[PDB]
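Tenofovir:Solute carrier family 22 member 6 complex.
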Amino acid sequence: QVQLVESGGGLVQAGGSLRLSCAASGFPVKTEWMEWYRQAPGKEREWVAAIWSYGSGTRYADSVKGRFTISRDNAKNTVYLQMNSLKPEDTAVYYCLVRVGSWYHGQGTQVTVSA
Amino acid sequence: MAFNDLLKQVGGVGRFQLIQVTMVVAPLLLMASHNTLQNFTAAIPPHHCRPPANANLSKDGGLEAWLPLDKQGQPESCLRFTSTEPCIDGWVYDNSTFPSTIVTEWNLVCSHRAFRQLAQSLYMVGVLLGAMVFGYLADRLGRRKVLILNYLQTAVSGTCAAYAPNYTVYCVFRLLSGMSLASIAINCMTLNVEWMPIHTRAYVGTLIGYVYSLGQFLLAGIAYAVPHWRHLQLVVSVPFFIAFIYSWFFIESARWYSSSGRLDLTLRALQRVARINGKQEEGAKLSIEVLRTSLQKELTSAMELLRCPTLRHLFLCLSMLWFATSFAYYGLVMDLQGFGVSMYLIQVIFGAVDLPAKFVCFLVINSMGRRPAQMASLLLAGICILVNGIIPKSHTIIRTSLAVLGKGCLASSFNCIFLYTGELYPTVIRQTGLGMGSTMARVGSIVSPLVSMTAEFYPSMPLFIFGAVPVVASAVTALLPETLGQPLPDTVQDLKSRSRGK
Ligand SMILES: C[C@H](Cn1cnc2c(N)ncnc21)OCP(=O)(O)O
Ligand SMILES: [Cl-]
């Protein structure tokens, strides 16, 4: 079986920065896709960002450019998120997805942007 | 004293040789339109999985939650989220530019997307089957009768394909449409060249090419006017019906009539052609006793072609050339949706580029020769479409210009290979050689959709195969001798002497 456990939640004031990552097990992170989603309360799943395999490319959404940064590593076989200048509308539960239209999605982390 | 003697005696420029020729070559416009139509009647519009009706779109934050996205900012065209799972509730197609296409009607997307190209493959299978079977039937039975039958079958198959309930019905009716269409295409040319003197065959060929280019123009315009596929197929097939209604005034081929060993009806046809031409004083002397005295010298296949080593080698080479040229040409023509620009404009440019390319190859063959023209045209076409395959979608104008140059190069290559096989094969087996070359060209046009079938592997590999084939053909056709000096061999003895004497 494949695990996609993740961690990096916390309570932090607006304009701070967190440390988010997905612990990928059973597959090399450099060989498949990667994606990112949030489900803010009162809203639905929203696409955030994606990084291809072997660093082919990385594209963002309208509220991700210039604010968030996502990187990868090979030693720990994980995908890591960095962010700054957080705003109250960013309060959401973030879900890690291994591939587009893929059956392997993580448990999710709860991150709060307290104005 | 021969058939040409009588034909010149009756005329050659009179009203008959214009009216009959123009009537029989009018449907070549729809020839081109029907051959290319699959591009316009089966264009894939942007599409995505449909969220289930039970789910509330308003309460789920819109359709963006149920549709995973790809790189180009569009929803995924085959998958959907489970709150994954493939399409199970159908599909959603935008109507911004396509009211309806066969892919829109019968959801030939994601899984079982092969059918939108299997349809063209089956149509080309029908073309080849009709060509060979109805060539045999025309040899056995006649020309006017088989051409009329092809007219009717084409019209019926076009209408039936326009109104097709299922998909297998559509494929079978396309197969029968090709069955009739190859036969009409070959028989129009054979009747025109059999009812004209020797020194007008080049004129007939040039007119056929001009009508084909005008057919490309007409298809572009008719696609601009009528976007709906159900209306488009019917509107492009009903003029065949009106031409079948008005094509009962055709005059059968007198040469084939004389070739049957019987001459009374041949005399009747020649008398009729004298009446319509308006020249009766000169045609009065025509009677039975002059037919035998004028037509007696000429009265007196695969196995022999494959037996002789020189004949076998010449076959293999020419078959490879025809196969590669037709394969690449139809692979390039059948795919114009993925060029960025509107299909109508690129189709217009493809049609327009025919005449300048024809002038270029004519100048080259009348100036330098044929084999260098083959090399240049094939190599340039292969390189151009390979670069098209290697240039990403982000660039549009350069890709379209490269595709236009490639289409022009393929047209010039077609004209050049026709002339080269005309002035290459010995007169003993020249007609059978042309038939085999045409059959191999139809085989290549059959395979081309099969090659484009497997684009699921790589995004642009079919373009790579289309660009790899003609470079191989040009490399392997190097050994072929050049016939600029007009040797015009008759039997296999001349070929070996000419090759040794070259
Ligand atoms: C002058 C052309 C030469 N030729 C012979 N075969 C072909 C194919 N398959 N495509 C285009 N052109 C071809 O024939 C008249 P047609 O294509 O059937 O209107
Ligand atoms: Cl043909």
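Chain IDs: alphabetical, in sequence-line order. All chain A residue numbers match the PDB entry; in order, they span 1-115. We number chain B the way the PDB entry does; in order, the residues shown are 1-83, 102-318, 325-526. Heavy atoms only: backbone and side chains are in, while hydrogens, waters and symmetry mates are out. Whatever order the structure lists them in is the order used to number ligands and atoms, beginning at 1. According to its header, the structure was obtained by electron microscopy, 3.6 Å.
The location of tenofovir, copies and all, is ligand 1. Other chains reaching under 4.0 Å from tenofovir (ligand 1) with at least one heavy atom: B. Contacts at under 4.0 Å (heavy atoms) between tenofovir (ligand 1) and the UniProt transmembrane segments of chain B, numbered from the N terminus, involve segments 5, 7, 10.
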